[PDB]
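The structure under discussion appears below in the form of structure tokens.
The sequence lines are lettered as chains in the order written, beginning with A. In chain A, numbers come from the PDB entry; the residues present are 875-942, 953-970, 979-1288, 1314-1589, in order. The numbers used for chain B are those of the PDB entry, and the residues that appear cover 121-181, 192-218, 235-447, 516-769, in sequence. Any value given below was found using the heavy atoms of this structure, including those in side chains, with hydrogens, waters and symmetry copies removed. Only a slice of the deposited entry appears, and the contacts counted are all within that slice. We count ligands from 1, going down the list as the structure has it; atoms in each ligand are counted the same way.
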Amino acid sequence: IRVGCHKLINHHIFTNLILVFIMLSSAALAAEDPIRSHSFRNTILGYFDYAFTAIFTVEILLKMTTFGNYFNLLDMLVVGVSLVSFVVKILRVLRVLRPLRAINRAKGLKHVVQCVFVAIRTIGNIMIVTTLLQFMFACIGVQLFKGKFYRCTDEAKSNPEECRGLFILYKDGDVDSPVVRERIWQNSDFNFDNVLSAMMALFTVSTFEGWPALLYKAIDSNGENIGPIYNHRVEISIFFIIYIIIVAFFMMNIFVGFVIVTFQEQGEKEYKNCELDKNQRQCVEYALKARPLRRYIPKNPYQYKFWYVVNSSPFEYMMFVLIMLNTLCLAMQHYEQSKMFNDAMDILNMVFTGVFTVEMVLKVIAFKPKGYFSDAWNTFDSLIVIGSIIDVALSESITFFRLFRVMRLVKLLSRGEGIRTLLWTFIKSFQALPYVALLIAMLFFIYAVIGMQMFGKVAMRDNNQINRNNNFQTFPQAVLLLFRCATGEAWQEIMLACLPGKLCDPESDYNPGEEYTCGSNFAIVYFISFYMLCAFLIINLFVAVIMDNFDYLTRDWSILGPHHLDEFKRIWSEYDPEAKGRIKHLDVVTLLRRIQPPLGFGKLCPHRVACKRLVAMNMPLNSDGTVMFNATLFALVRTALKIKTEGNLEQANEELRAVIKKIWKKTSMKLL
Amino acid sequence: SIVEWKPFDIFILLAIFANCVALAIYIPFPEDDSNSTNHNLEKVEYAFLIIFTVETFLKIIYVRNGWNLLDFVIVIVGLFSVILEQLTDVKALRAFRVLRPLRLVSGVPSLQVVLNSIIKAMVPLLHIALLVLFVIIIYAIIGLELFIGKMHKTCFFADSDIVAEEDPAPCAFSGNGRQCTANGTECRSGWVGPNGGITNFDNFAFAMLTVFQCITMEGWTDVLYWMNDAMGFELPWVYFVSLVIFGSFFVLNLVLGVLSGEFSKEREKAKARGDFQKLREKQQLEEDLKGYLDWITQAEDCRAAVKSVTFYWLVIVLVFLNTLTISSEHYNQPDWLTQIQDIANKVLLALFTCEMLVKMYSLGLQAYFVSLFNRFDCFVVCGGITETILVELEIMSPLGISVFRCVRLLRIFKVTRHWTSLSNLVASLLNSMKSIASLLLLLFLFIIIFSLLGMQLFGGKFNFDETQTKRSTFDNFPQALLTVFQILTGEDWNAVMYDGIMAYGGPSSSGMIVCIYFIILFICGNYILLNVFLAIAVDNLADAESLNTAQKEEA
Ligand SMILES: CC(C)OC(=O)[C@H](C)N[P@](=O)(OC[C@H]1O[C@@H](n2ccc(=O)[nH]c2=O)[C@](C)(F)[C@@H]1O)Oc1ccccc1
Ligand SMILES: CCCCc1oc2ccccc2c1C(=O)c1cc(I)c(OCCN(CC)CC)c(I)c1
Ligand SMILES: [Ca+2]
């Protein structure tokens, strides 16, 4: 009976258990020791994989019972490799396919992967053109600098027939500190010997890394098989300048521009402009998705005195001034300062923490502490002072609490109209697309694991790019190296440092006698592929985030926007102490007087135009002092946009129920 | 004064260009050295000063306009500089001469409007700049608090002031970081710093400079590793990784998004004028002419083969073989391959010229010169046929072999004719080539101005090491231009900044104030690049994308 197996595989908890097991198995894979093959940690982790590879084995058979696509074959491939593993290095490398099994489970991951593949397909035209341009420039560079990059170990011999034997080296230019060194006639690490080398060198140049060194190496190039001369041909830099301008500045900015325009055109599928344009679709909706708020006005005027004292413009400006002063006093502590200077700093810090504690106690007294912590800003500054107030007696661990007092400046970032909303919009957009960054995370994971398995045995020295701070011996360190290469710091230098002829650290179980074996020719393709993939994925994520909130980026503040409606709501709340729906019509005239001309009425007499317009337009025939929040705000929105005549008012309801989303029975009184 | 408008304003512009050339020729020798060229150029500069004063006093009628304001400010500061030089940092007062090339934009309104548009497109980025300022200040204060004066302890020898290794790195501050363990080495304080004292967090200015260096993704790993050596190993990675992600990745997203949303505003506004229609109307009649030029002429005035399907693929095979022959040369190539290459070139040149003469005398001589696709093919064929006789005759030209292979290499483009997508963008690029050239010329002028300023400031001043010679200097105009380009691309600009700082003393003294030259050049130079090459792409890709929509629907 293959229906119970179907119930089990389709059960609510089984899919989640499989997904968490997949991610746990990947985490176990990313915790193996790359150097010490005979290590205790790997033995425990190998035991973990035995159970993990059995659950994945018992679920493919269980799924196969009820069935008789290409993703299922991949799942069998991963399980097959583990069983066959039980040479072996290739299977170990192929073991990194564990995270790919989670693509078919999460819908968001599948969607973002499909979108990435579509983006790759639609942009293949530009890649071919720029590849052909790089090929042409590589051929030209081969013709220009074929074999001219050779140089001797000492800059005194300028041909191979002279670069033989030993020579005296003067360390650091000192004439009294000589040392004997060999003469080697060696080629450059990046040269233009054949087409492949030229393409690699031009790729490194186009990544804007290490290109000045190649430029000044090519300027000095004399001849076919002779050494360089200082500034032999400066005019040869025209080749590099032209290549950079054509490829890295033009053909790379056209890449991002094409991605941007493709995303913008694809997102313009909203062909519902039968009656409303983009502006109406952006403005009317905020009328529907609105909820009124109250002012939290307190009682007991004896307590309201402090509330009146605190909530004022002079108080806020004074606190601005003292926060700037505290920042200035914080950011003038130098090195080897005087004892009197340090004492003055301590006293001033005491004064500032005391005045901020006075602020806290006054605000908590005046602002009804039950709701004081409701706001995010008020809670944020409370943690700052509490951490700061405990350090006053500790001046005669502690360093962590010092950083708290720096954070008071962050509150000053939300004191401007536009810099706060820009941040709000982009962090909201980032939160709206969490699966796009998961592709970057998976790429980093896969490449870090491959780097562990390939270059994890390269010895760490002090004069090389594989040093104590930069190697593949640990997952945080491999990930840091990949992040550094993504930034493009010295990625080609590490790539060169990962070639086969490298010394191995004396901890791996290698064959005695041979120690210059670790490293592989896989390094070149590894690093080039990682750079290209990471650059493309970063561009894709950036453009997706930009396009997610594109209305704000093209807001056109002159016409209208949600800021006008928010100002309307905030000003209205002054005349509406509570959000209990219906409001009083007594001070509506003064309320509209307070509003800006784009939404309210201008500086002219309201009795001539505003009073006529308020009553002339159709309003719900409710009581004298009863009218809902929507019945006013949506009416004002419809007054501001696509004004009509009388008789066709029900066309608004028709548009709301047809073009706009479901009314959800909120327009029963809005029908009038 | 008297009416003199059309000859005067172009003669003065030629004078500006000549002054630019004269300023470019000057060589900034070190330590007050000179030659005859500067001796003549001082008198040339005198004559330019008198002519500028004469033409300024001629038109005074004038000061309220900003451009004329700068125009006479340059003249008066030059006069004061001449007076002070004769009556003797007086030589540095001539740095205002670098702004004379900027006067050339006032003489060309077509470029003045472009400069005005670029400048006006900067206001929306002020919020992002302010956010960057807060981020830099906050991270500078955090660095000052966390680690101040900790990168001051390298390992010297036993009872000596000589450092052990030639690339020193700090020891642990309190037994947590790197420990220098060599034959005889104990490490104590008294070290100057990693970059000579320029990269450290022991001051607010130093912290701000280090944070600005790290936020541009240039040398942040060096600072991270130095702090790993000096302080512990667990805190410093949190500081620098977060600073790079928030300070650079997030901000680069801020700028790119705002710029993209600004280009669309002007794209959807000029569209209402009908600019796309002008391109569409011009392109819509190009397909109506090709048919109305062959069909109307094919009646009474070899054409079966050239329009076949086998001929195109045969030509494709030939050009593939040409590319294979070109991309097979290498250092120490076998002696049997050179002869193969030089006979394949000859035979394939003969075959290509036979094909070209067949094509020319099969459809029409006057119907192919108009089209630009085949216009350079004749030049390529003529150059190829000229190269053979030139080489084989009594003209060796050893470098001439490598310059004539490029025109033969350009033949690969014969495969990219029938695309309908590449050519669609090329049409818009050729339509907007005038704006493209204007933007490129403005960028070139900006680079020239900053190269001249760098020549004036750091000319002949990088000779302070006495142990090595620097390659990225400002010694003469080509080298200054290359250095400015390198700083513009953002590759090792921090090294040039450190050299410029040391050229004016060191980390101490008032020499650090010159760091604003490289801070301004990077910020202002990179803004122009993102407003020139990105604007060319965006406003010429939406034009091509919209053409396809019109072309596909009309098809
Ligand atoms: C790989 C590193 C750099 O991380 C990235 O940003 C991605 C992984 N690729 P990318 O190639 O990075 C370099 C470009 O950054 C621009 N930049 C920076 C600061 C500024 O103020 N102004 C400005 O233009 C530039 C200086 F022009 C460079 O060309 O990103 C691009 C985005 C858009 C267009 C072209 C490239
Ligand atoms: C996932 C497969 C697509 C990756 C890819 O393939 C290419 C082929 C030719 C040209 C570009 C690409 C490409 C990119 O996504 C890519 C490559 C580079 I190099 C690239 O520029 C490198 C970063 N930058 C350095 C400052 C260039 C100016 C950018 I932006 C995108
Ligand atoms: Ca770099």
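In this structure, the drug modeled at ligand 2 is amiodarone. The compound at ligand 1 is the drug or drug candidate sofosbuvir. Contacts with amiodarone are greatest for the chain named in the PDB entry as Voltage-dependent L-type calcium channel subunit alpha-1D. Other chains in heavy-atom range of amiodarone (under 4.0 Å): A. Near amiodarone (under 4.0 Å), the structure shows the other ligands and ions ligand 1 (sofosbuvir).
Counting heavy atoms within 4.0 Å, the binding site of amiodarone comprises A/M1019, A/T1022, A/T1023, A/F1095, A/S1098, A/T1099, A/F1100, A/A1140, A/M1144, A/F1147, A/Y1448, A/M1449, A/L1450, A/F1453.
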